[PDB]
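Read the structure below first, then the notes.
Just so it is clear, chain A uses the PDB entry numbers, and the residues here are 12-245, 249-382, in order. Both counts, for ligands and for their atoms, begin at 1 and track the order of listing. Per deposition record, X-ray crystallography, 2.3 Å.
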Amino acid sequence: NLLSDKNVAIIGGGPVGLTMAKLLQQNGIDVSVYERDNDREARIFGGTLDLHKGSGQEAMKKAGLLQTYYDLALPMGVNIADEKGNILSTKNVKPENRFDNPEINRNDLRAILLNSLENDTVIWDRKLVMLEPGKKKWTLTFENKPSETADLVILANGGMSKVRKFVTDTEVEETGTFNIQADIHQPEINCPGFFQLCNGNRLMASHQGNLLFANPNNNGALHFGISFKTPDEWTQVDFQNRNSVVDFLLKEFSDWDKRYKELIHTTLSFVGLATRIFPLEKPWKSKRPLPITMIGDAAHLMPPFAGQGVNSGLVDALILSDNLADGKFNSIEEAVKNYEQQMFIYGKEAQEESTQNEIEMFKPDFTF
Ligand SMILES: Cc1cc2nc3c(=O)[nH]c(=O)nc-3n(C[C@H](O)[C@H](O)[C@H](O)COP(=O)(O)OP(=O)(O)OC[C@H]3O[C@@H](n4cnc5c(N)ncnc54)[C@H](O)[C@@H]3O)c2cc1C
Ligand SMILES: C[NH+](C)c1cc(NC(=O)CNC(C)(C)C)c(O)c2c1C[C@H]1C[C@H]3[C@H]([NH+](C)C)C(O)=C(C(N)=O)C(=O)[C@@]3(O)C(O)=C1C2=O
């Protein structure tokens, strides 16, 4: 093993960093995960994730966690609707497709990963702020906590990682769209009309440049997203004030059936975020002081409009761990390089599809 008298620091305990830690730990490699979250019960905001056969599910299979993923995940139909609430198309789960890509809740996935690892693999309340290369080890700086050291740092700390300079100078870019997200609890009570329009399936509608998506059953909460081209005026809506977000959305959704408006009216709080991409446009630095790399959204953040996200990141996990597993290479450096080479190819394919589908969907006359 290349890592024999060494240790690995994974920065970030997302699904990709925790899968990374598991695939390494089952090969006897000494890894820690350093996670900003205060403790393992912190709520992860967001929709559900779906792991695909051939990618995500391969990583889970390699981890021995596939069946656990299946047990906790929920396959779902898809309804496409118009702005008037007409169902244009219903695609139900067929028994033979049940396992293709079942929806799992993000805390549920994290709990599966965390349970899979040895005790104290993950070190909570650790926010990496600085990285410094030493003689033979990285020194790792964490806000108000002891510093630590590692032979190999894997950055897994998501799309907005601030500690990427030693791998690449490339910067995150805005793509021109924007997403507003929210949860509604007791959706059967609080948005009955909309809840009944979803009728146990996911829901998508498209009208005049505004896209609505919803999953009515993320562990009992409805999660919806509203996406659109960033208005040129923007920020001129304040996501801390629910009144200004409501006003903006009721204006944009004036044309839409009352059931969708009710959705907006009953939401307590909204999260706004500009869509971003970390583009795989140019090779990463070949001159590097010590072995360091990136996986997941740290490596290839891309728009979430073709289901590309976590799966390609799980594949990074699989490919990197296989590579670091063997004496197949002469050096950690070579193992990292080979991984980075494959990831550029399937990464860039994914980003091309995200971008392309993003262009496609926000064409004024788009129809699902
Ligand atoms: C609105 C939206 C919808 C999406 N829908 C889908 C979808 O349906 N399907 C899909 O596959 N993908 C989807 N994605 C993308 C998906 O969420 C990401 O690909 C996935 O979560 C990336 O996993 P990750 O582990 O690389 O990063 P993350 O999930 O971002 O996790 C990074 C982890 O690092 C921790 N961290 C951050 N900074 C630090 C630090 N300095 N020190 C220590 N720890 C740190 C964070 O706490 C977080 O725990 C969506 C994305 C968005 C924005
Ligand atoms: C083209 N759109 C419609 C699309 C396509 C695919 N599938 C593919 O691209 C598959 N690629 C093939 C066709 C196999 C080559 C898709 O897989 C998806 C989507 C839509 C998104 C919407 C995402 C959204 N994000 C942007 C916040 C969101 O709010 C929700 C939600 N439930 O509230 C989503 O579900 C969303 O995350 C998501 O998962 C999408 C798709 O999965």
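Of the listed tigecycline, selatogrel, golvatinib, the one present at ligand 2 is tigecycline. Measured by close contacts, the chief partner of tigecycline is listed under UniProt as Flavin-dependent monooxygenase.
The binding-site residues for tigecycline (non-hydrogen atoms, 4.0 Å) are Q192, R213, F224, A225, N226, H234, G236, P318, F319, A320, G321, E367, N371, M375, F382. Remark: tigecycline and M215 share no N or O pair separated by less than 3.5 Å (distance only, no angle test). With a cut-off of 4.0 Å on heavy-atom distance, the UniProt-listed FAD-binding residues of chain A close to tigecycline are: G321. Geometrically, tigecycline and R213 share a nitrogen or oxygen pair separated by less than 3.5 Å. For tigecycline, other ligands and ions under 4.0 Å: ligand 1 (flavin-adenine dinucleotide). Here the heavy atom of the protein found nearest to atom 24 (C) of tigecycline is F224 CD1, 3.9 Å. In this deposit, the organism assigned to chain A is Bacteroides thetaiotaomicron.
For tigecycline, the polar-atom distance check against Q322 finds no nitrogen or oxygen pair separated by under 3.5 Å. Between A320 and tigecycline, a contact under 3.5 Å exists for at least one N or O pair. Within a 4.0 Å radius of atom 13 (C) of tigecycline, the protein has no heavy atom. Counting only non-hydrogen atoms, the residues of chain A annotated by UniProt as substrate-binding that lie closer than 4.0 Å to tigecycline amount to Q192, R213.
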Identify all pairs of nitrogen or oxygen atoms, one from tigecycline and one from the protein, separated by less than 3.5 Å, and list them with distances.
unit_1: tigecycline; atom_1: 2 (N); unit_2: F319; atom_2: O; d: 3.0
unit_1: tigecycline; atom_1: 9 (O); unit_2: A320; atom_2: O; d: 3.1
unit_1: tigecycline; atom_1: 11 (N); unit_2: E367; atom_2: OE2; d: 3.4
unit_1: tigecycline; atom_1: 29 (O); unit_2: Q192; atom_2: OE1; d: 3.2
unit_1: tigecycline; atom_1: 33 (O); unit_2: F224; atom_2: O; d: 3.4
unit_1: tigecycline; atom_1: 35 (O); unit_2: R213; atom_2: NH2; d: 3.2

